[PDB]
Number of protein chains: 2
Amino acid sequence: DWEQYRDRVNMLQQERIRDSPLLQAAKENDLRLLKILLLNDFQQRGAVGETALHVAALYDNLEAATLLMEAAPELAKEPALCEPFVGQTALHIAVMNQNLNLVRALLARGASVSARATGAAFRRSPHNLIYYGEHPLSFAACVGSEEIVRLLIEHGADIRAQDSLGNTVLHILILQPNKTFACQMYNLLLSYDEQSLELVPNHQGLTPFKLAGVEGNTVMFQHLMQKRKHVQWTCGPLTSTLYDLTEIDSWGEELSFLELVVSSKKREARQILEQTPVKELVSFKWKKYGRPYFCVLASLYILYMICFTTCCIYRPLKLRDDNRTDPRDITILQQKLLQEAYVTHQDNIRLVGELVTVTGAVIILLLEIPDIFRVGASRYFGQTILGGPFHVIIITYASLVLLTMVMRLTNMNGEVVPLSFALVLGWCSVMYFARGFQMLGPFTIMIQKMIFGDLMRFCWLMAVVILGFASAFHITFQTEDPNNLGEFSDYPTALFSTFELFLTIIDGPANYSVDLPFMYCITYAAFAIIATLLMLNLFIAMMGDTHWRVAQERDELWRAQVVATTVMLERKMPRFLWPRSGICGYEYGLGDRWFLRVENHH
Amino acid sequence: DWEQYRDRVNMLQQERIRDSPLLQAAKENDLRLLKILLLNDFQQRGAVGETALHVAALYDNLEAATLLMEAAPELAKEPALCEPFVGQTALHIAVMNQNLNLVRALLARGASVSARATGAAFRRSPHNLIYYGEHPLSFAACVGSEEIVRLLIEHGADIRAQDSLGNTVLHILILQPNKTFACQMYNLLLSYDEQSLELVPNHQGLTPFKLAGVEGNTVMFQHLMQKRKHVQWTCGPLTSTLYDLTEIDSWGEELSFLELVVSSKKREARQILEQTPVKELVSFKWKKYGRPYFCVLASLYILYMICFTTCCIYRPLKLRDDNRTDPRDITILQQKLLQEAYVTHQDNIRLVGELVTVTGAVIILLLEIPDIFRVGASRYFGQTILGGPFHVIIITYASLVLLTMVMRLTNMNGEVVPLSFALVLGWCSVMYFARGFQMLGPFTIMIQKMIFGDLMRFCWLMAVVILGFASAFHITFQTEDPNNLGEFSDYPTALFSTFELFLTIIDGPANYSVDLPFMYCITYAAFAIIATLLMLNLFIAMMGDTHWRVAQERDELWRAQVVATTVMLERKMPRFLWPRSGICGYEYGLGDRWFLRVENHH
Ligand SMILES: CCCCC/C=C/C/C=C\CCCCCCCC(=O)O[C@H](COC(=O)CCCCCCCCCCCCCCC)COP(=O)([O-])OCC[N+](C)(C)C
Ligand SMILES: CCCCC/C=C/C/C=C\CCCCCCCC(=O)O[C@H](COC(=O)CCCCCCCCCCCCCCC)COP(=O)([O-])OCC[N+](C)(C)C
Ligand SMILES: CC(C)[C@@H](C)/C=C/[C@@H](C)[C@H]1CC[C@H]2C3=CC=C4C[C@@H](O)CC[C@]4(C)[C@H]3CC[C@]12C
Ligand SMILES: CC(C)[C@@H](C)/C=C/[C@@H](C)[C@H]1CC[C@H]2C3=CC=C4C[C@@H](O)CC[C@]4(C)[C@H]3CC[C@]12C
Ligand SMILES: CC(C)[C@@H](C)/C=C/[C@@H](C)[C@H]1CC[C@H]2C3=CC=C4C[C@@H](O)CC[C@]4(C)[C@H]3CC[C@]12C
Ligand SMILES: CC(C)[C@@H](C)/C=C/[C@@H](C)[C@H]1CC[C@H]2C3=CC=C4C[C@@H](O)CC[C@]4(C)[C@H]3CC[C@]12C
Ligand SMILES: Clc1ccc(CO[C@H](Cn2ccnc2)c2ccc(Cl)cc2Cl)cc1
Ligand SMILES: Clc1ccc(CO[C@H](Cn2ccnc2)c2ccc(Cl)cc2Cl)cc1
């Protein structure tokens, strides 16, 4: 494992510092022994290929570092060599320790401001506690030392240099927790760039502005918006401001900023949607175009489900040919074959409803399947905000309809099976449209968070109780006449009856005309106390507890689903139905850009 | 009782101080009368055998104490004599009152720094509000007077002296509430020890470090860890530290530190498991070895319960020989005798499943019974963290299986009884394995805390309602025909029907074809309002209230169960499956010790 390897790397490194007396002196700063050793090799190297000068820089020993550089000036130019620390210089270490004096002493001796720490200890991963990129300027920026940043720029550090992820220093500053100085650092670096560095993409294709959206950095987003707004006027308490939508609206731009925010895995990303130009833009798009078109699609989908349902109610059946010789058999009707299922006027009316049913199932796969490939399947079905569980059950409904079409054509018996599943999944997928309505939308998120949370834990322990008691009830009744109490007459019936008795959906079995086993009254008293009294009421109690705790996130998730719907509809619908949002600059002399005017009170 | 005796001791002591004028003057500090009495016995003794100098020290009277010591210097050497205060000197009292001047005046006169207050007022018990051990140094330490501690050490107080419990002054400092100075006192005492006193066991076998674990003293534990860590390096925001696991991991050491913490009765002990080297160690042990092996044992136990269940579903039965002459009799099948229960191929397949069933029941007792003797039965079955209620029901299942084996061998009728109990308890004991899974584990603690809490109180008052109403319903129906409403036809049926009606698991009795008693509709209206409407919904309401209050402790108990599982698995499994945790020091030149490297951000 990685942690065991990193640990061994750290232990070997400290051992080699103990073993080699020059490295031991570089750690301890005992200038007497260090003078004797350098008076008496200087290119000696620790376990990771680091020099004695890396050791002196790591332990923050300015004097030992000057002695080492006086005896061997070339050490200031040396990288570390082994896989965790490849390319790390003493300048990366001195910058990270903020030793401005040692940074000057290294730069005065030819330490390379363009050296890149490509080793695995520096990369962005859950393995590493920090990500400062690869260059000393990116370290000084994330460490927050403006005086070291200037000093490195004055020695010719390339401010537009890129990490192995393609990240510039501006991208790396968006990723830091220290947001209180990261914005001050961002201004310092833009002052030396003076194509703008704000427009350089990383290897994901993200500019710094798009990365602040994806990562949910609302502090850096609202800082970046200060150079993308113009105050038109202020009059007493009122201000009118004009925000530039160019990056927010991302017109004709691959994945758009608003797609990148709503499809981000980072739970902070949904907070960008509350920021002034974004909130007013997505609110405008929803109220003017999104809600009207979502109410149309919701209405058309309900009429399509009424059409499919009617084709199941009027499903073609005939009187069975085979006699009911078994007294326990109740089947009286049978499927019509294709050559007899389409004869009357009503059969031709149903053929139209069935062809509409199949046409909608094809159209569902034509809408769904391409979006799997754009978003990636793991995120497409995974993300609550995009509709992930509804994309599973709508593709499953469409598949069950097209399966049933093949069964109808090949005279296959058993259409009740895929039609019963398609009727349940088809109607339950109408809850996809609940996200458009403030009344239904937050509640449909509780249904989801209770299904994959409390209902899941409950069903695991409920299943253990049902297996114990269904077995005790079955063996209690094995010796008794099945005609007098049938609920436990075989193991599959005993399981189903015990499940229905748990949820109190079937009455406890009794027959006062006969003597039931005494072991049944004992077993059912224990069952009624564990299943019905304790666990079925403890389900209500733990749902009530989950409900009050989750109620805020439920609302934040609902307002993010309305934005994700708005972004989906605008992407997928014809552009003539979605006129470009905001104010066109060109007819006011503002050039090709488009704007959002926000008027506000203070 | 103890309190009545202590009270009488205190009253007699004050009476003897009132009665004897030297003790009265030693209490009042009236130097005139005290001079006259000492000018005019001085070995006079209060009810507990204390001298006039103990009285002067108790009332903090420095002047009277100097007058008494000037007239009778030997009083500084005297103990108290009666059972509550045996061996207490005026030096113990003066140290507890922090009278540094009186402590010097006593030590200057030969007061014994090694005297031990062995009386019952000083011992560790719920009877006593303080436990300072027995020696004046242990008093001065717990009282927190560094100047009195030095003064006693300078007069030759043995710092390694032990209380009647075997506790040294270091053990006693772990037991004090005053943790804000107890650590400063701990350093002061280690400075005079300079075998280390940190390694001396008490009569429980606990070193001071193990006692901080058992007592849940997280402040003294994290203080003791400062001399059991080494900082390897710091580089900007990151530090790497190397903790010595020698006492935490307790390799080959009887009860190990981690056993002593998880099996402690003190509800604070589980907080030690959140401390940096312990949390990272038990997290490592769980993720690398504990969770894999617990998922294997959980899977093997579920397959064993499927095997046992199948042996009950395929249980050997034949058509009854005796006729159903009673019209209320429904038994049609009967046990096969041993000599006819094993004839077909399917009976020999079932004999393998039955021998697997019996083999697992023996193995359960071979695993369970020795652990009773290590932990002690009162704690083994009592502790939630160790699995106490599951150890009861798994030993009960194994006993019911071995009972059923004897019944099968001795042709005994009634195997339905122990098999129905073994099927319920056997399957419900699968919830033991819920502690390995973050989804199921905290919820299984709510099931336990609701069973022994809210379900218990509810069942006591529910039973009182059921006895009232089952009796009213039975006597209402005694005069009526049993064939028209059978639910209350005898008292045992009336109790069971009333219990099922309370929980609404059987529908209220009605028969619209006949006139029921008017007293039934009255009694059932009152029953439906008290049982179903009020109490069954008040159960849900009080469980919801318990749920939100207990939800934090439920999570702390779950994370302590994961550690207790980790500690159990490592103890009971073969050592080749559990490679020794942490980093071996020897291959890095650190000697025989083993370490945990923790890398952290600030
Ligand atoms: C999110 C939560 C997910 C939880 C999922 C768990 C679901 C468990 C529910 C039930 C599964 C079993 C369905 C019926 C199978 C037996 C039908 C049958 O064929 O029975 C028997 C044969 O087999 C058996 O003896 C059953 C053996 C016991 C199996 C119990 C289930 C095992 C797996 C359960 C899951 C384990 C983990 C649970 C959680 C820890 C057929 O005999 P008979 O009854 O026809 O006649 C009576 C007997 N003569 C023929 C002699 C007259
Ligand atoms: C955690 C909570 C724990 C709570 C535990 C409490 C459980 C109480 C539940 C019930 C226990 C009694 C079970 C049935 C016994 C009668 C069967 C029988 O034999 O009845 C009778 C004989 O006796 C009786 O008259 C019963 C007398 C009343 C006893 C009531 C229970 C007493 C103890 C209850 C607990 C006290 C404390 C409660 C809480 C404060 C048999 O007459 P018969 O009915 O056949 O015919 C009808 C009558 N001829 C024969 C004339 C036709
Ligand atoms: C025998 C068939 C009918 C069984 C297996 C069918 C299961 C269906 C009814 C279950 C499977 C998953 C369930 C499910 C998945 C996820 C969600 C999203 C949530 O925000 C609203 C409820 C909803 C929509 C529910 C509805 C009911 C579903 C669709
Ligand atoms: C309690 C939780 C775990 C939920 C999910 C499980 C419920 C179980 C008990 C239910 C779900 C579907 C049920 C079920 C499906 C279909 C049949 C076929 C029928 O001819 C006999 C009953 C039988 C065999 C029952 C057995 C009990 C089952 C398997
Ligand atoms: C007639 C028989 C079948 C009656 C008496 C049997 C009672 C059983 C079902 C009861 C007795 C004590 C109960 C019990 C004890 C303690 C715990 C630990 C808790 O964390 C989970 C539930 C669990 C596991 C429950 C399950 C149900 C048990 C085991
Ligand atoms: C309400 C709480 C206190 C729970 C624990 C108690 C329930 C009582 C009412 C239940 C538990 C088991 C039941 C019970 C066990 C078995 C039998 C034998 C049967 O031939 C007649 C009913 C009879 C006699 C009933 C009477 C009512 C009992 C004793
Ligand atoms: Cl689960 C679910 C999901 C979506 C709707 C859509 O709900 C709206 C009505 N509504 C409800 C609340 N506020 C408005 C609706 C109903 C019927 C028809 Cl035909 C069209 C529409 Cl638009 C209803 C349930
Ligand atoms: Cl009450 C109870 C206790 C333990 C399990 C063990 O649950 C796991 C599944 N699980 C559940 C949650 N997260 C994972 C499991 C199921 C079946 C089999 Cl055969 C093996 C295993 Cl490991 C299930 C109920």
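Numbered from 1 within each chain, the chains take letters A, B, ... in sequence-line order. Not the full deposit; the contacts listed refer only to the portion displayed. Both counts, for ligands and for their atoms, begin at 1 and track the order of listing.
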Among S-econazole, L-captopril, BMS-564929, which drug or drug candidate sits at ligand 8? S-econazole
Heavy-atom neighbours of S-econazole (ligand 8), other chains, cut-off 4.0 Å: A, B
Okay, next thing: UniProt's Ca(2+)-binding residues in chain B - which of them have a heavy atom under 4.0 Å from S-econazole (ligand 8)? none
Please list, by UniProt number from the N terminus, the transmembrane segments of chain B that put a heavy atom under 4.0 Å from S-econazole (ligand 8). 1, 4
Could you check the entry and tell me where chain B comes from? Oryctolagus cuniculus
Which residues and nucleotides from other chains come within 4.0 Å of S-econazole (ligand 8), counting heavy atoms only? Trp460(A), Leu461(A), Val464(A), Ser299(B), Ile302(B), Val430(B), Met431(B), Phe433(B), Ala434(B), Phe437(B), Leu440(B)
